[PDB]
Amino acid sequence: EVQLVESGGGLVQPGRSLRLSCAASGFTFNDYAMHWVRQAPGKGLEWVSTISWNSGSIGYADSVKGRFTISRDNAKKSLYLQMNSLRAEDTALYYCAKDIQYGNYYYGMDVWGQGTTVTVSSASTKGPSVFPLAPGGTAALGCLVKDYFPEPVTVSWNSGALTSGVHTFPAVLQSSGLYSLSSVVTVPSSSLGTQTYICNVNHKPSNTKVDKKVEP
Amino acid sequence: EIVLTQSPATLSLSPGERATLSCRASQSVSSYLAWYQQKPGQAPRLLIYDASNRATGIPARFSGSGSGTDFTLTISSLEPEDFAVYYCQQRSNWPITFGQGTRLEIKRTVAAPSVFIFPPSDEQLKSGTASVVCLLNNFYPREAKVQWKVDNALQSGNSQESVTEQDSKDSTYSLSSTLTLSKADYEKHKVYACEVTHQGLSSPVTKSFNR
Ligand SMILES: [Zn+2]
Ligand SMILES: [Zn+2]
Ligand SMILES: [Zn+2]
């Protein structure tokens, strides 16, 4: 298989450091130029850095120069990013990506990783509060997942056995600096007396798992 | 840097129709223009490189054209898997820059939402905050007006909304609107109402509860 796998992302305070790794396998890593590209939540792609196969040529984005160092280890098929004196606006999903360029001027990033998320904030990690959105044909019920930092939170219903009719909404950043989302599912009204509904909320950054049974 | 402007920002089309996406550069990039597709939750996917060369395995319905400053991605007969965000990228000039994207959305027949209102829970009220939630379920188009009324007075500035990605089964949207008050303020009022205005609704639908 052709794979790129990044890691090292985390939550750090402004001015602190992080080192990202991008492990490649399944293609000739030493033949290709490598890139770091980042993406802020809800935003477009922004190029960070590039390194040629032989490490002899390097490029950096303007906001990044003097703070970030790209490097690679061809024998380990790995690409790195040392990120120094980090700022709030460096918060993003960070991708590594392989170029198709090979002794020519054909440019294209054809293989990408899944990304590692970097959060730069003074704000401490905080687990959610989980409140029911109780059911009032078809009924609706849900869970309000309130006041957590940082993203993400994941929600499932009935330990994964309920998926149809589920809508877990994109989080919203409240004026408090804390996130909030709702997760809902519509159900036949007839089943409300007979069927049990539990939302399983998980917030990894705070080690929070909450199961909320949602009832009339 | 070279700035790339993409238009339109959003495009609504039905499967089978032709999509025409524009990328314009602030200065010449020659042929060094690539196109990417990106779905929600997923990494970008290379479609076109050198303005007009399809990347390996990309269906023939994708074609790129242009030179200098003006470029076009054409999808000649849209498929359901083609509905995604599309970015252009130039490789002429340091730094590497991207357009801000064109979101390509499925045009569908009009569907009216079903509407639900939820009062705050008793568990939340003890903490001194009241979240009132309004749900619109499975509607098309994305455009909806959802207003809150408290004791029949239209509210302003005190709610936020959030919309799902287009549904992979029925091409509809779902939306949440959340009204936030202090417990104190919340307990001063009698009736809480969500009024929803949508193309699929002949007149506005209202859902309410009495605190
Ligand atoms: Zn639904
Ligand atoms: Zn410039
Ligand atoms: Zn198809």
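Chain letters correspond, in order, to the sequence lines: A, then B, then on. Following the PDB entry, chain A residues are numbered 1-136, 143-222, in order. We number chain B the same way the PDB entry does; the residues here are 1-211, in that order. The deposited model was determined using X-ray crystallography, 2.2 Å.
Modeled at chains A and B is a drug that PDB records call ofatumumab. Chain A - PDB entry name: Fab fragment of anti-CD20 antibody Ofatumumab, heavy chain. By its own naming, the entry calls chain B Fab fragment of anti-CD20 antibody Ofatumumab, light chain.
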